[PDB]
Every structure is written in structure tokens, then in C-alpha cells.
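Scroll down for the structure; my scribbles are underneath it.
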Amino acid sequence: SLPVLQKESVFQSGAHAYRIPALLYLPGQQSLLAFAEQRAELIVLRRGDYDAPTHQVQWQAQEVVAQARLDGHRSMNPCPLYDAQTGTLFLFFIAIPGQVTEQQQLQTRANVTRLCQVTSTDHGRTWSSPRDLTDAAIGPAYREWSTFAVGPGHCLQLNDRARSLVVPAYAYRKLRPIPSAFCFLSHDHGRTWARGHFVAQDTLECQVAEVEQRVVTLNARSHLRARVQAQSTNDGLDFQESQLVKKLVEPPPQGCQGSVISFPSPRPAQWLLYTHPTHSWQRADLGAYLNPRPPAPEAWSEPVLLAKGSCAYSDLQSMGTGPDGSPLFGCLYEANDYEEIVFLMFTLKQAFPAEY
Ligand SMILES: CC(=O)N[C@H]1[C@H]([C@H](O)[C@H](O)CO)OC(C(=O)O)=C[C@@H]1NC(=N)N
């Protein structure tokens, strides 16, 4: 394990069970928003204020994102998104009928999953009513899908003309059900939602990052022994290029979700950071990977050990300049056989004292 600034558990599986973390930074108020699935069942949230003096994050009391649900459906895969332009907070998620499951939908081929979002204009303190965007965003294609999902994890807003909203997703499309990664795009600040195109075969949960002319790189889990990296030159509408990244291992089963963010290069305008279990055959040993010449896959560094032991899902968030003057990061990840979601806060200089 690497020397960090903070390591506290934001969610602990005691009187309840938590999974599928989601982190979101608010640069204006230097606050983090920690989302997670509670039991699926509901989506909880926990705001934690970053205190500069102690180089700490004081986490407030958690709460149930109540409106983030649909009667008779259970909520899953929280995907927070902050529109800097309008200062609107978006929380996407997936709603599934009562006890129905993924395998039930995959085997039955009867998609019943629902794409939703709630928004907050006072920083997730209170939320708008749920807006079911299924039909409008997916359209006819919905009948060709056995099921689909968003995130989990932070979404992405672009620096293009419209400051477009990008939401990573994947779906089991028919051709027998094959999963593919794609993005839901909004060029009107969430007003309306189009649906981008798919990547090469077999790609599940994924996250997107931007980098500078302007390409959106996607990192998705696969059933292969590695991660798949797709690049879009038309803002996520199409991901023309797609490669398997050998250095980015994926545990045996069907892989494990991962997280990728972009941040200000110390010297391309950005660099990429990526967290994922590094262990060879099991979900353990969460590692951090650095790409100093993005999107070049062969530019991916070796992982740096973040946490030894059982580590599954994760979500990263850039948090501006850290104490040592280098980039500061916030990492939300599942640990100890899903008995808790641990928060980690460290700097570039702390994780990669060489490439700095
Ligand atoms: C919606 C849903 O069923 N999400 C699954 C996810 C999913 O099965 C894979 O990405 C591909 O099907 O896998 C895993 C997983 O641990 O591999 C947990 C997620 N669980 C929850 N979000 N509750």
C-alpha cells in the first residue's frame, strides 16, 4: 500500500450493505459527493467537505437519494455529473422491475431496464423528481437490447462548443446477447438525450475521459484478459479506434469495473489516471495506473499499489492542486469482500514520485 493523505471508510456494511461507488468533485465548494447502492435497492449519498489545514475530508452524514427511484423498481449504478455551465447536478441510474434480474433479462431477452436521472441545483442537498428517459434516449433500439446500464461512476462533460454531457453506458445487443460500450449524449445541458454508437464487440461497464485535437478515450471492462480502450474523434458519437490494452489486466470471471479520469498535465494537455484491481485472478490489490502520453495505450504505466487485499469497483475524481503542489486525487473503492467502500486521497507526487 502507498502513503496517502487520507483513508477512511465513507460507507461500511454494518446495519446495511453497500456497493457500486460513485465520486464527484465540486471545485467551487471543494466538496466531494459519494454515491453508492444500498441494500440492489436504493442509492445513498454522502457529502464530505475537504479541509485544507488538516489535508482532510470531513464526511457529513449519509442520506437516501429518495427521488432517485421509480415505484416498484430498484435503483442501481449511480452516475453523477456536474454541469459547470449551468451548475446543475445530474444523477443518472438504472431502474429494474421488482425482483427481476440481469440474467433474467439476458436469458429472457425481454429488456425492462430503465434509464433515469434526477437533478439538484443546490448541490445534491435536495433532488428533482425522477425523469425516465428510456424511450426518448434509446428509441426503437430498445427492443434489440436484452438490457443495458450506465456507468457506474462519474460521467463526463466536454469542452466543445456546447459543453456537451457524455454518459458512459453499455448494452447487450442482439445479432445471442452481446454487450457493447457506448455513450448517451446531450448537447443542450441534459435538455434532450441522443444515443451514440457502439464500440467493437464485448465491452461492459466503462468510463470516459477527455484529452487534448480533442479526443474522448473510453476504458471498458471485457471478458478478455484485459481492458478495452476506445477513442472518439467526433465527441463520443463514434469511437472509431479500439484496442485491447494488455498492461491493463482484467480478473478471470467477466472482469471488474474500473475508473479513469483526466487531469492537468505537469508539462498533451492532460494525463490519465486509472484505478482497477491488479491481482491476476481475483478482485484484489487495487492499483493506480498513469498515462503521460494519452491516449497511447503503450504509454500506460505499471500499476502502483493503492490497497492490498480485496478490492473491487472504484471511481476516481481529480481534486485540483494538492499540498505538495502536485495533482490531488480522490478515490472511492469497494474493499473487504464488499463489506465497505473506502475513500482514498493522495497526490501525483505521492503515487508516482518518478513520472512527476
Ligand atoms: C446492473 C448490474 O447487474 N450490475 C452488476 C455488474 C454487471 O453484471 C456487469 O457489468 C455485466 O453484466 O457486475 C457486477 C460485478 O460485481 O461484476 C456488480 C453490478 N451490480 C450492481 N450494480 N448492483
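The numbering of chain A matches the PDB entry: 3-41, 49-184, 189-225, 229-283, 289-377, in order. Just so it is clear, the values below take in all heavy atoms, side chains as well, and ignore hydrogens, waters and symmetry mates. Read the numbers this way: they start at 1 and go in the same order the structure lists the ligands and their atoms.
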Ligand 1: pick from vadadustat, zanamivir, propentofylline:
zanamivir
List the macromolecule sharing the largest contact count with zanamivir (ligand 1), named according to UniProt.
Sialidase-2
Which UniProt-listed substrate binders in chain A sit within 4.0 Å of zanamivir (ligand 1) (heavy-atom distance)?
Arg21, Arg41, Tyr179, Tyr181, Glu218, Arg237, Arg304
Which organism does the PDB annotate as the origin of chain A?
Homo sapiens
Any idea which residues from other chains are within 4.0 Å of zanamivir (ligand 1), non-hydrogen atoms only?
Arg21, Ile22, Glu39, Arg41, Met85, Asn86, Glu111, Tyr179, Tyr181, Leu217, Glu218, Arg237, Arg304, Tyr334
